[PDB]
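Just so it is clear: chains get the letters A, B, ... in the order the sequence lines come, proteins before strands, and each one is counted from 1. Both counts, for ligands and for their atoms, begin at 1 and track the order of listing. Just so you know, these numbers use all the heavy atoms, side chains as well, and skip hydrogens, waters and symmetry mates.
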There are 2 protein chains.
Amino acid sequence: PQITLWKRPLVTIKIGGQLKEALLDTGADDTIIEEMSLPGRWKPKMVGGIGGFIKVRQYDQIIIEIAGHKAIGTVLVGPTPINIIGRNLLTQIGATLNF
Amino acid sequence: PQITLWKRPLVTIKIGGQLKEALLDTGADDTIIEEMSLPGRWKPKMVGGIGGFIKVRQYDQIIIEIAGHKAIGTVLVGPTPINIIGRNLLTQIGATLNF
Ligand SMILES: CC(C)CN(C[C@@H](O)[C@H](Cc1ccccc1)NC(=O)O[C@H]1CO[C@H]2OCC[C@H]21)S(=O)(=O)c1ccc(N)cc1
């Protein structure tokens, strides 16, 4: 589809069998999801945003469906104000910015 | 132009007579620029994101040239780690997310 930006570009994602809302975020290098249980071992990571750094748990090879598109990659889990789909997964679904 | 997301989508902008590099950021509601001087009255505001909130100065009706495209809108000035072009100005240049 072709999404305009007059409103927040929110889509529905499915992760761990649950439906959630997430933001298509070209400004995020990484995909960050609010606290939840994901399978496997996690690794530590520090993520810097607009108001400082937060510590997150990094999970790899996670399966996630984004607006009907399947992606398999790294997902960070931490205290984010909203679920964010970053470039690492946007590239897998073939997203581009056009103007 | 059609921008891929393998790397950060950085473009050249001209604001307040100065040339700067900025991120085309679909996850940002508003445009936030690093500390600089702009003419006009301004209002204080608090913007929140990952890591917490920061205090900024809100300037209205500011003219920015994004990748050679003229646009006008609110610009926030504050201690952001990078210059961000948000949805308020992406809409003006006709930017869309496609996949
Ligand atoms: C958290 C989102 C809802 C909003 N953020 C925009 C977002 O695109 C930022 C924009 C951004 C980009 C770089 C530095 C600071 C902020 N990215 C970000 O926080 O990404 C983090 C996770 O991936 C990592 O790679 C980028 C930093 C990490 S935001 O910077 O806090 C923001 C909030 C309000 C406005 N008006 C404009 C921007």
Undergrad: Which named drug shows up at ligand 1?
TA: darunavir
Undergrad: Look up in the PDB entry the name of the chain making most contacts with darunavir (ligand 1).
TA: HIV-1 protease
Undergrad: Which other chains are heavy-atom neighbours of darunavir (ligand 1) at a cut-off of 4.0 Å?
TA: A, B
Undergrad: Given that the side chain starts at C-beta and the backbone is N, CA, C, O, which of these parts of A:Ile32 lies under 4.0 Å from darunavir (ligand 1), counting heavy atoms, or is it both or neither?
TA: side chain
Undergrad: Which residue supplies the protein heavy atom nearest to atom 16 (C) of darunavir (ligand 1), what is that atom called, and how far is it?
TA: A:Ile50 N, 3.8 Å
Undergrad: Which species does the entry list for chain A?
TA: Human immunodeficiency virus type 1 group M subtype B
Undergrad: Using a 4.0 Å cutoff against the non-hydrogen atoms of B:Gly27, which atoms of darunavir (ligand 1) qualify?
TA: 2 (C), 3 (C), 4 (C), 6 (C)
Undergrad: If you count the atoms of darunavir (ligand 1) from 1 in the order shown, which ones are under 4.0 Å from a heavy atom of B:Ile82?
TA: 13 (C), 14 (C)
Undergrad: Between A:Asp29 and darunavir (ligand 1), which part of the residue brings a heavy atom under 4.0 Å of the ligand: side chain, backbone, both or neither?
TA: both
Undergrad: Measure B:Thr31 to darunavir (ligand 1) on non-hydrogen atoms and call it side chain, backbone, both or neither using the 4.0 Å cut-off.
TA: neither
Undergrad: Is there a protein heavy atom less than 4.0 Å away from atom 35 (C) of darunavir (ligand 1)?
TA: yes
Undergrad: Out of all atoms in darunavir (ligand 1), which are within 4.0 Å of some heavy atom of B:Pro81? Include the element for each.
TA: 14 (C), 15 (C)
Undergrad: For atom 10 (C) of darunavir (ligand 1), grab the closest protein heavy atom and report residue, atom and distance to one decimal in Å.
TA: B:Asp25 OD2, 3.3 Å
Undergrad: Does any N or O atom in B:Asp30 lie less than 3.5 angstrom from one in darunavir (ligand 1), N or O only?
TA: yes
Undergrad: Can you list, by chain and number, the residues with heavy atoms within 4.0 Å of darunavir (ligand 1)?
TA: A:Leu23, A:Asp25, A:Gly27, A:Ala28, A:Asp29, A:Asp30, A:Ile32, A:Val47, A:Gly48, A:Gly49, A:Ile50, A:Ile82, A:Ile84, B:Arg8, B:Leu23, B:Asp25, B:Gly27, B:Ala28, B:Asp30, B:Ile32, B:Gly48, B:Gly49, B:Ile50, B:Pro81, B:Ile82
